[PDB]
Amino acid sequence: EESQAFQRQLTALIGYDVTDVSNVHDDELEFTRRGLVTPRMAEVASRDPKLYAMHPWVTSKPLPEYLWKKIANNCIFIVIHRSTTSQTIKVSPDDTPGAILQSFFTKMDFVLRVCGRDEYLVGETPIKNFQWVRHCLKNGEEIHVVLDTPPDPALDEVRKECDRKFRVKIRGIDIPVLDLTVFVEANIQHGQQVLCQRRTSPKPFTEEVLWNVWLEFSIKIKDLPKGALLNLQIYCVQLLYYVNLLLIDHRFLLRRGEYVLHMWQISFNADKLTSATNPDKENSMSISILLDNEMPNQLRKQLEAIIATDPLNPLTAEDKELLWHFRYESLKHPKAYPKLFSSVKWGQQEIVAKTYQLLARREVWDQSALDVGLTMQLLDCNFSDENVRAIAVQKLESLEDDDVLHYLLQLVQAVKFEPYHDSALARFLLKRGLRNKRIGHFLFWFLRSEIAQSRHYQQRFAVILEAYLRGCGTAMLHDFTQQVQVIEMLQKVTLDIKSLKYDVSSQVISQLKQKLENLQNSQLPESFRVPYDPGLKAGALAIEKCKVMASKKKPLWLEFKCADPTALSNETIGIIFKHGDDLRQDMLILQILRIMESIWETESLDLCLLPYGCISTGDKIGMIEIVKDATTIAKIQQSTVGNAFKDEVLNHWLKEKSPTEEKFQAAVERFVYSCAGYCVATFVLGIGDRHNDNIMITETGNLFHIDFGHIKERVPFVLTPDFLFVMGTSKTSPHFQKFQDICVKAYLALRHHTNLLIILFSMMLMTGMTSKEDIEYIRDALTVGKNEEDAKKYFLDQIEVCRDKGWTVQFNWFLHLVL
Ligand SMILES: Cc1cc2ncnn2cc1Nc1ncc2c(n1)n(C1CCOCC1)c(=O)n2C
């Protein structure tokens, strides 16, 4: 009774009813729901109540060289607040919050919480290892902390509880509303690799097409591997409809009986591997089927060259036969594992057996230091083997919480490549999310994003999210309810306003202010956590400061009062609500940008990127962080010029925005670093040729790219004469020499992680955006196979292309966006 009311709560939180069984041909999902109860109960039981409640955000990574330079006399200052009194305490970087709290007991148990944020400085960790402390030192900000009560862990309450050949009969296909011919193609797939293919006779394409044909395959029943798919496709030759059926179910049983599968239409892609059937029964095409059944010196040199190549380089049959024959020598190299597991003939019982016998000897793999890039390779579309994939998830177990946040989005997307709903990787995301509130918060949104707009993976993700939500605790369930109610309310307003020329009229601005006033006094909760920044609690809408922006898509500019009084400022929380752009694509790029920032940190570099907050909430809709004191490069050009570009404008803008020369000199240095940062990052990703309306800058000189939704004279990246003027070049300058030095050092630093970026990219396009040629872009961009000296000049040439193009490209972009 109250059990049923709790499920409706979950349904509203998830955005999908998990109990629904109208779109299933088996009990996989229900078996998975049941399956995940154990990992859920196991993690809820093993987590420390106190640390789970306070969620301390910490890193074990060494403090970078640039932050060591910002700390004088091995002393950090912390301002400790309480009601009206605040004192500054000299703290050593190695001091534990427990020891610092004893100093505010002798110098005249409570907890140290960051001012105006739900972020605590607790646990056996030196302050230098707290992310917020690192954040403050990075931006040159004073650490303000408040002395208050630790939150009650009671609030985190969890509610109690055979030699025959394989064959398939194709009965027929049928579409309600369609003189071309048509045929059905049947494939036995195991991780992209087609083991066996069979076709039907072409019949005239009508509203109902019957065959009653037994399609005998070459592959034997015994040779079928677990995780193999019966891919059914309809070609008219152009492909129109597809559907997948797992030949061996979640119970290790060979699939039998009658099946009526509603197929997916066509507009490679993770959506093409889905075991799910089309929920649209009334309009979709459906298919009716029936089932009822030691090594030489030279070869080592050749093998080592194979192992060394990038993850995209294809293996020839020659390469594969070499890798397999010398699998035991190959097993001694963890970097070889993806290529070795691609040399496996999975449609042969004896070979798979030998592969499993091989995996028993994982000495080198197990002992090796974790390589994320290598681990990620084994979780892509090329590996359907549960045991192969499990060895990767095993390596991920050793990632610290800080690192899980870096890879979380890609890891959630990587669930799409899993043959079965319950999987080691799904369980891993469940385990990590339940162990940490920050991981859990993002995990919620990431999964909620896919459920909202992916009919291909909503059922699988909805099972995982229900599993999370059933163990996250009342506290967080309350937080997610407040967030879901707010965003649902605001999405309605976003779409309503878009429905009402690029001119923002008086009648439109009034209608928005009218709707927001109506929500405020109605059912909008008093406060809510910011989905892209869970540390911040937003309160009431500042209607006066709210507006509709003069754009193509007409987004909402919303401003909130901070719910936390303990904030040392009366700053408002700015959020943009937008319909028209695919923000899942923006989310993926931003996640890659943060991975690049972490790669530069390893080499003690800070290229000052601004990977702003961005959450996808539904179909072509979501929210974006308003970056305070920032403007568009085009708006700076519009203020002096109008519609033509002047080089002196940018440097002039930074001068008038600077109070002192001391702050202006810092603004120039920040522009040099940030420009170099975006120049390298956008180039590698192939999203460099951009209009200056899509590039922003802060009043503090920080340059940043925005609007990554959907991406002749071309340019590697945007390096315009106005950017070069801030560096002091029309020639060369000590700033421009510093710029080229940063670029090369940054570009070469990313090339040291070629395999990682290639995998992240390969996966990003498969789950977020395309063709083989689109994926191979990054190989050329990262100059795979070239030496550092040769690669150093390559990027220096790319910079020289920008200088030789000038304003040409920018000007042509201006013409493009004005028809
Ligand atoms: C960070 C960010 C990324 C992004 N991607 C798409 N929209 N979007 C908005 C963002 N945030 C932001 N913060 C402050 C802004 C601002 N955008 N804009 C405009 C808004 C329309 O597009 C051009 C920029 C301003 O005039 N100010 C003062």
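The chain is numbered in sequence order, starting from 1. The figures that follow rest on heavy atoms only: side chains count, while hydrogens, waters and symmetry mates do not. Both counts, for ligands and for their atoms, begin at 1 and track the order of listing.
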Ligand 1: main contacting chain per UniProt: Phosphatidylinositol 4,5-bisphosphate 3-kinase catalytic subunit gamma isoform
Compound at ligand 1; choices RWJ-671818, CH5132799, AZD7648, CH5183284: AZD7648
AZD7648 binding site (4.0 Å, heavy atoms): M549, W557, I576, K578, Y612, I624, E625, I626, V627, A630, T632, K635, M696, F704, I706, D707
UniProt domain (most residues in contact with AZD7648) of chain A: PI3K/PI4K catalytic
